[PDB]
Each structure stands twice: as C-alpha cells, then as structure tokens.
K.L.:
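Following up with a structure containing ketoconazole.
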Amino acid sequence: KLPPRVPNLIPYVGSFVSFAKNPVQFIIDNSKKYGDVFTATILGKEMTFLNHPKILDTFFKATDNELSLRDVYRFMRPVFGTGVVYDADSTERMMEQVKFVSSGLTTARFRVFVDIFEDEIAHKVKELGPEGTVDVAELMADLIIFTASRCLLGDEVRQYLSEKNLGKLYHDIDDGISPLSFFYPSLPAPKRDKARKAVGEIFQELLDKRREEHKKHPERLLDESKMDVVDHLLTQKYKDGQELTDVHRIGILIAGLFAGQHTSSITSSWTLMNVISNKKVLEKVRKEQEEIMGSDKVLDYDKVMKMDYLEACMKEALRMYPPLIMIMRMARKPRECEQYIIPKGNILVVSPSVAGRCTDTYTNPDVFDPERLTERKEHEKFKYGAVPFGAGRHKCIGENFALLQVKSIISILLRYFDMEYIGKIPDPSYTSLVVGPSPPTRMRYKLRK
Ligand code: HEM
Ligand SMILES: CC(=O)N1CCN(c2ccc(OC[C@H]3CO[C@](Cn4ccnc4)(c4ccc(Cl)cc4Cl)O3)cc2)CC1
Ligand SMILES: [Ca+2]
C-alpha cells in the first residue's frame, strides 16, 4: 500500500515550515529517516518524494496520462500565457510548441550566437572599465538579458532593451513568481500582470515589425543563420493544420526567454565563482583556453565545442547547485513504485539537488571537483546519477544552448579579465523559483590587455 510518511506537524499545512526553511535538507533529512520513497503533506498537497537514482526509471519513462507535468506547472500561466506550454490544451500541443523554440536552436544559429555573446560583452566592458568590482550574479543576469533575447528573438529586440526599458519589465515579471505560486497559483500580483501586459504589447509590435520585414526581404526565410524563434512562429503551423494566434506566439517567446535566462545566469555565476577561487581548476581552464584560442582574438562555435574541461566545470556546478531543485509530476492514476503503490492525486517529486550530494554516487560531495566527472566518471555509476537537465521524454531541449551560452560568456570574460572572488562561496538561497547563490556575489576584476 502507501509509502512511509513524514509526520504532519499540523493539519493541512503539514511539514511546510521545515520544507520552507530548506527544501533540499528537508528531503535529505527525511530520507535518512524514512527512506528512498516518502510522502509529506505540504499546504494541502500529498507530495511523494523519490530520493535515489535507482528508483527513477518509472518516473522518467511514464506517459503524461500516467504522470502529468501540466497538472503541476500550470501555475506558470500568468508568466507564460493562457494556452501556452504547460497551460496548452494537450501535452500533444505543448510538445509542438516546445519544438517551435527548439527550432531556433540550430547549429547555424549557434554560430551566430557566439558572435552575439562577443558583442554584448564588448558593450559590457565599457561599463566595467579597466578594473573594479562587480556582483557576479547581476553581471551574468544582465549579460544574458541581452544575449538570450537577441539569440531567440533576433537583433530587432535590442532597441527595446536599450530604449523601452524591456529588461526592467522582465524583472517585474520575474519577481512576480514564487515557489509559493506552485501551492497557490491564483495569488494576486498586479505588478507582474502590469509588466506581462507591457511585454505582451512590445512583442506584438515585434511580431508586426517582422511580418512586413518578411515581405520586404523574404530571403531571410532561406537564411538558416538568420532564422530565429520569432521567424519560425510566424511561418510554421500546428501539425493538424491550425494557425497559431499572436497570443500563443508571444507566450511561447516569453516562456522561451524565461527558460533562456535564469537557469543559465545562475549556472554561469556558480561556475565562474568556483573556477576563479580554485587555483588548480583555474589553471586547467586557462590552459585549455590558450590551446583552443591560439592566435585568434575571438570566439567561434568550433572553439567552444572543444572546451571540454570548462564544460566539466559547469557540469560540476550543476551537480552541486542545480537551479531547478525539484522536478514534479501529478499522478493521474495510482503509480507502482518498488514495494509501494503511490496514490492518485499525489505529486511525485525528484530532486537534482539531492542527487548531487548522494554519497552512493559522489565522494566528498561538498567539494567542487570537476575531475570526479572527467576522470572518475562518478555520474555514470547510475543511469539517473546526474539529472540537472532532467531525463527521458521531457529532457531539457535547451541543454546545448545553455552549455554554449555559459561556456562562451565565461571564456570571453576570462579572455578579458583577471578575476578573484571575495569571501567564501555562498550557499543557495531557496527564496526564488529558480534557485541561485545567496547575495552578495562580489569579485574584483582587472583588464589583462
Ligand atoms: C543550466 C541551464 C538549464 C537547466 C539546468 C535546465 C533544466 C531543465 C530541466 C530539469 C527540465 C526538465 C523539466 C521537467 O522534466 O519537468 C527542462 C526542461 C526544459 N527546458 Fe531547460 N534547462 C536549462 C536551460 C534551458 C534553456 C536555455 C531552454 C530554452 C532556451 C530550456 C528549455 C527547456 C524546455 C523547453 C523544457 C521543456 C521540456 C518538456 O517539458 O517537455 N532550458 N530544463
Ligand atoms: C516550494 C518550492 O520550494 N519549490 C521549488 C520550486 N518548484 C518548482 C517550480 C517550477 C518548476 O518548473 C520546472 C519546469 C517548468 O518550468 C521549466 C523551467 N525551466 C527553465 C529552464 N528549463 C526549464 C520550463 C520548461 C519549459 C519552458 Cl518553455 C519554460 C520553463 Cl520556465 O521546467 C520546477 C520546480 C516549486 C516548489
Ligand atoms: Ca531525488
């Protein structure tokens, strides 16, 4: 029958307070006591957590009529939009919409992205000057506002960032979503809604500016290097023949940009922080960069694809500090799990944060040691030993773009700057929807040329 239970402190609320204090420790602490599969009530919700790589297969291999994502991620509706992604009428429709994004993430676009990255950092060093100190998380966020927007939407968006305060609107949207929004989706957030409508109107004009741009220059549609997500959204249909609405298009763009930004700036912060405050790691990374760059002065894609150790550094940081700390599904029918029979209506939960520290998989898991991956292969010990991008049917489709964005920015900054971090490396703050480092995150920098 049912699994072991974390015991209600209180009716209805259940264990929400300890869970709230630190959701990762909550799961680890209840693991050590009640075992790899336990149910805890949290603000109304029968939440059943799966805590070991070895039980995960049925979680990742199920169908969406068995384990639903849309039942648990629909709360994102007032960020994304009605009828968009996890609010689509069907999983079939969500999947098509996820593919309109993916279709701007091609090898030919990726070559152009490295250029965009070079260009936005060029502009950013003018602000930073010959030396100074800067907040790591803020810098990465601010760069990726400009780089993600141009990569997915094309160059036209930039003037909205530069002159119509678009970056401020994103923030207003971003702040209006909360871990709590999962438990209470209908919470008022009039600031968020105002901005969401603001961005809605700006992207509608962006669609409209493009639609005549297509008429004036239809060679664009033949140029694989210039085709972005906006292009694909205007020119594709659903498979069954139906037209997209401009409402759906806007929504998909916003959702895509949200995915394009937070996970990446966070991961890029934790990666860069750990790299620059470890002499050995920094040395290996600089060495690789010297080797790949040779006598060229700027990046290209092919270079980025050779940056294997820098990629292991990033992946080490995802093990330790995964930005999505919990992956979840609603059980639309009872689900069997080992001895147990997880009941209908329960929310199955899997944590990449918890996986990253599991002593079965990783020696000395509190050390940033990328050679645990490149030499010891500790991730391979299980199929789901490492799931920072998920796995199976809904595995992240941004993975390659994220690897590209974060490797490029870091390589570029390392080209420009000597950098040192100030103080000990912080803990994750479990304040936000997407978990990043407890501020502040300061470093000094000095130009090298
Ligand atoms: C370090 C960076 C990133 C991390 C850690 C990450 C993590 C994840 C994870 C864990 C999932 C699985 C969610 C689930 O199964 O419930 C996922 C799905 C997804 N990610 Fe990412 N992601 C990253 C970057 C991106 C980027 C850059 C994009 C798009 C530009 C993106 C788009 C998506 C999409 C569209 C899905 C949908 C998969 C589905 O529900 O079918 N992600 N991501
Ligand atoms: C209370 C608490 O402490 N809690 C921690 C945070 N808990 C949580 C909330 C949401 C969540 O959602 C992950 C799912 C849904 O959202 C994304 C996030 N995402 C970003 C990049 N890749 C995926 C996504 C996918 C595709 C697209 Cl188009 C856009 C996006 Cl935003 O995947 C995962 C976990 C809620 C509970
Ligand atoms: Ca887990």
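Just so it is clear, chain A uses the PDB entry numbers, and the residues here are 35-483, in order. Computed over heavy atoms, backbone and side chain alike; hydrogens, waters and symmetry mates excluded. Numbering of ligands and ligand atoms starts at 1, following listing order.
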K.L.:
Curious which chain letters or ligand numbers map to ketoconazole here.
P.N.:
ligand 2
K.L.:
If you rank chains by how many heavy-atom contacts each makes with ketoconazole, which has the most, and what name does the PDB entry give it?
P.N.:
CYP51, sterol 14alpha-demethylase
K.L.:
Which chain residues come within 4.0 Å of ketoconazole, judged by heavy atoms?
P.N.:
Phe53, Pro57, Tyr107, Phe109, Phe114, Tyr120, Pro213, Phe217, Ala289, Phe292, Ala293, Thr297, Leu358, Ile359, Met360, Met362, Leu467
K.L.:
With heavy atoms of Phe217 as the reference, note each atom of ketoconazole found under 4.0 Å away.
P.N.:
1 (C)
K.L.:
Could you tell me which atoms of ketoconazole, counted from 1 in the order shown, lie closer than 4.0 angstrom to a heavy atom of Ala293?
P.N.:
20 (C), 21 (C), 29 (C)
K.L.:
What is the closest protein heavy atom to atom 34 (C) of ketoconazole, and at what distance does it sit?
P.N.:
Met360 O, 3.1 Å
K.L.:
Return the residue, atom name and 0.1 Å-rounded distance of the protein heavy atom closest to atom 16 (O) of ketoconazole.
P.N.:
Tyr120 CE1, 4.0 Å
K.L.:
Pull out every atom of ketoconazole sitting under 4.0 Å from any heavy atom of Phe53, numbered as shown with elements.
P.N.:
1 (C)
K.L.:
Distance under 4.0 Å to a non-hydrogen atom of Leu358: what atoms of ketoconazole satisfy this?
P.N.:
18 (C), 19 (N), 23 (C)
K.L.:
Just to confirm my output: which protein heavy-atom neighbour is closest to atom 11 (C) of ketoconazole, and how far is it?
P.N.:
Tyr107 CE2, 4.0 Å
K.L.:
Considering only the protein, which heavy-atom contact is closest to atom 7 (N) of ketoconazole, and what is its distance?
P.N.:
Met362 CE, 4.3 Å
K.L.:
Note the single closest protein heavy atom to atom 9 (C) of ketoconazole, along with its residue, its atom name and the distance in Å.
P.N.:
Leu467 CD1, 3.6 Å
K.L.:
Which residue holds the protein heavy atom closest to atom 4 (N) of ketoconazole, what is that atom called, and what is the gap in Å?
P.N.:
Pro213 CB, 4.1 Å
K.L.:
Of all the non-hydrogen atoms in the protein, which one sits nearest to atom 5 (C) of ketoconazole, and at what distance?
P.N.:
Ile359 CD1, 3.9 Å
K.L.:
Going by the atom numbers of ketoconazole, which of them fall below 4.0 Å from some non-hydrogen atom of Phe292?
P.N.:
31 (Cl)
K.L.:
Which atoms from ketoconazole have a heavy atom of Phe109 less than 4.0 Å away?
P.N.:
9 (C), 10 (C)
K.L.:
May I ask you to list the atoms of ketoconazole that are less than 4.0 angstrom from any heavy atom of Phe114?
P.N.:
29 (C), 30 (C), 31 (Cl)
